[PDB]
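Lactotransferrin bound by tolfenamic acid.
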Amino acid sequence: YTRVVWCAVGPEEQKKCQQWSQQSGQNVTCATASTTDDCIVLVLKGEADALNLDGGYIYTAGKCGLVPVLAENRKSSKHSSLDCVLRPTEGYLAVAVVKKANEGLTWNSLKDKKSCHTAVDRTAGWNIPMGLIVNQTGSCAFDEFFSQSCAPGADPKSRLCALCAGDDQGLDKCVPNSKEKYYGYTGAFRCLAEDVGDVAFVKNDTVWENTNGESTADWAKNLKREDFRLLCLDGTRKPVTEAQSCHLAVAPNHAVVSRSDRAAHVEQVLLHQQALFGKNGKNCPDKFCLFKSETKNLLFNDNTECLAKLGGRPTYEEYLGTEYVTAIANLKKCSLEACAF
Ligand SMILES: *[C@@H]1O[C@H](CO)[C@@H](O[C@@H]2O[C@H](CO)[C@@H](O)[C@H](O)[C@H]2NC(C)=O)[C@H](O)[C@H]1NC(C)=O
Ligand SMILES: *[C@@H]1O[C@H](CO)[C@@H](O[C@@H]2O[C@H](CO)[C@@H](O)[C@H](O)[C@H]2NC(C)=O)[C@H](O)[C@H]1NC(C)=O
Ligand SMILES: Cc1c(Cl)cccc1Nc1ccccc1C(=O)O
Ligand SMILES: *[C@@H]1O[C@H](CO)[C@@H](O)[C@H](O)[C@H]1NC(C)=O
Ligand SMILES: [Fe+3]
Ligand SMILES: [Zn+2]
Ligand SMILES: [Zn+2]
């Protein structure tokens, strides 16, 4: 064993990472960067080993040679004999969510509305909806489709950032890390809940986890699922209990990536760290829970039951799936070979 150097994105992940490192007796230590892209560069340079990534960022890391190691696995819909670590992953449902009270907004009337996105380059947040929209409109001018948005990672003076709010101080508007008030699944959903945006592009789970008292957080504690609808590609609106019939795509789960040459070591260490700090882990909750952060999804989604071994030593293309990979390649033609770095 060597120590594994985790890469934390922004200061709130970094703080979580430091508690993990303390509790692991330095089996894990922490590098931190301002953006996911910057953490991927640290890993490429060998200044960090690994981080957990959305599928759109796996595409970026993968084009640069990093490889998937273990995947987030959340509670299966169906009972399984299989241990979590062995259970195959089931993707998550990317959806578009609006206020029920915003009547008559549908997928087909999104143009010139206000949008909330988890971040540029992320799956449910970006790649799926904007790939869909570019294709449906026949235009690469996706930066002109909504009147204003919060899409963290975009140009802070552009309309794609006009709705983002920055941190407590109002600084770091539109930065793609949890300091941006509207960053990520929970930030984009809060962007909708507070009626900053007309639509949020998130996943099905986000809606459930932040409504009907599932979150105690001040902005979320009062929210009721019935006040929300999903937008279906057929132009219909459904209640959020129907995401299986009204989603934009099924996404590949967030997964850990590292360099090939560190993958087996990163895997071993993680399997052991989750035995200690994961769901039901020997030292969670008394000491530290790797998969909790007060709904802030820091390092890992809060709904992760375990990190699960992958079948078939998949390359990043195999992990993401050919179709998703081709959807991303297609969209990036708007703004098929090389590492972006
Ligand atoms: C947007 O349209 C593109 C361009 O047609 C779609 O790309 C095709 O996807 C199919 C199914 O995976 C492939 O058989 C074709 O080879 C792809 N065409 C090209 C030119 O690459 C893409 O999937 C659509 N995007 C989204 C997000 O649905
Ligand atoms: C959409 O996401 C929600 C939230 O994760 C899912 O509801 C959970 O489903 C599990 C497994 O069925 C239940 O044991 C949980 O108690 C549910 N959580 C809550 C907060 O209600 C829901 O199944 C997902 N829907 C689809 C179609 O995938
Ligand atoms: C539509 C869908 C369902 Cl329903 C389930 C699962 C996936 C999809 N779609 C896609 C899957 C991968 C890549 C691109 C797409 C897309 O067409 O946006
Ligand atoms: C640190 O790692 C070594 C080697 O795997 C092991 O003996 C020890 O259990 C680990 N401790 C923690 C607290 O993760
Ligand atoms: Fe995602
Ligand atoms: Zn589907
Ligand atoms: Zn293979």
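If you read the sequence from its start, that first residue is 1, and numbering goes on from there. As the structure lists them, so they are numbered: ligands from 1, and atoms in each ligand from 1. This entry, so its header tells us, was determined using X-ray crystallography, 2.0 Å.
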Query raised in the report: Where exactly can tolfenamic acid be seen in this structure?
Result: ligand 3
Query raised in the report: Which neighbouring residues and nucleotides define the binding site of tolfenamic acid (ligand 3) at 4.0 Å (non-hydrogen atoms)?
Result: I128, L132, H247, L248, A249, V250, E323, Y324, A327
Query raised in the report: What UniProt domain of chain A accounts for most of the contacts with tolfenamic acid (ligand 3)?
Result: Transferrin-like 2
Report task. Would you mind checking which non-hydrogen protein atom is closest to atom 15 (C) of tolfenamic acid (ligand 3), with the distance to 0.1 Å? Result -> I128 CD1, 4.2 Å
Query raised in the report: What's the shortest distance from atom 17 (O) of tolfenamic acid (ligand 3) to any protein heavy atom, and which residue and atom give it?
Result: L132 CD2, 4.4 Å
Report task. May I ask you to identify the nearest protein heavy atom to atom 11 (C) of tolfenamic acid (ligand 3), giving residue, atom name and distance to one decimal place in Å? Result -> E323 OE1, 4.1 Å
Query raised in the report: What is the closest protein heavy atom to atom 9 (N) of tolfenamic acid (ligand 3), and at what distance does it sit?
Result: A249 CB, 3.7 Å
**Report entry** Protein residue, atom and distance nearest to atom 14 (C) of tolfenamic acid (ligand 3), heavy-atom basis
**Finding:** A327 CB, 3.6 Å
Query raised in the report: What residue and heavy atom of the protein are closest to atom 4 (Cl) of tolfenamic acid (ligand 3), and at what distance?
Result: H247 NE2, 3.0 Å
Query raised in the report: What's the shortest distance from atom 13 (C) of tolfenamic acid (ligand 3) to any protein heavy atom, and which residue and atom give it?
Result: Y324 CA, 3.1 Å
Query raised in the report: Do any non-hydrogen protein atoms sit less than 4.0 Å from atom 6 (C) of tolfenamic acid (ligand 3)?
Result: yes
Requested in this report: Write out the residue and atom name of the closest protein heavy atom to atom 1 (C) of tolfenamic acid (ligand 3), then the distance separating them to 0.1 Å.
Outcome: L248 O, 3.4 Å
Query raised in the report: Quick check: what organism does the entry name for chain A?
Result: Bos taurus
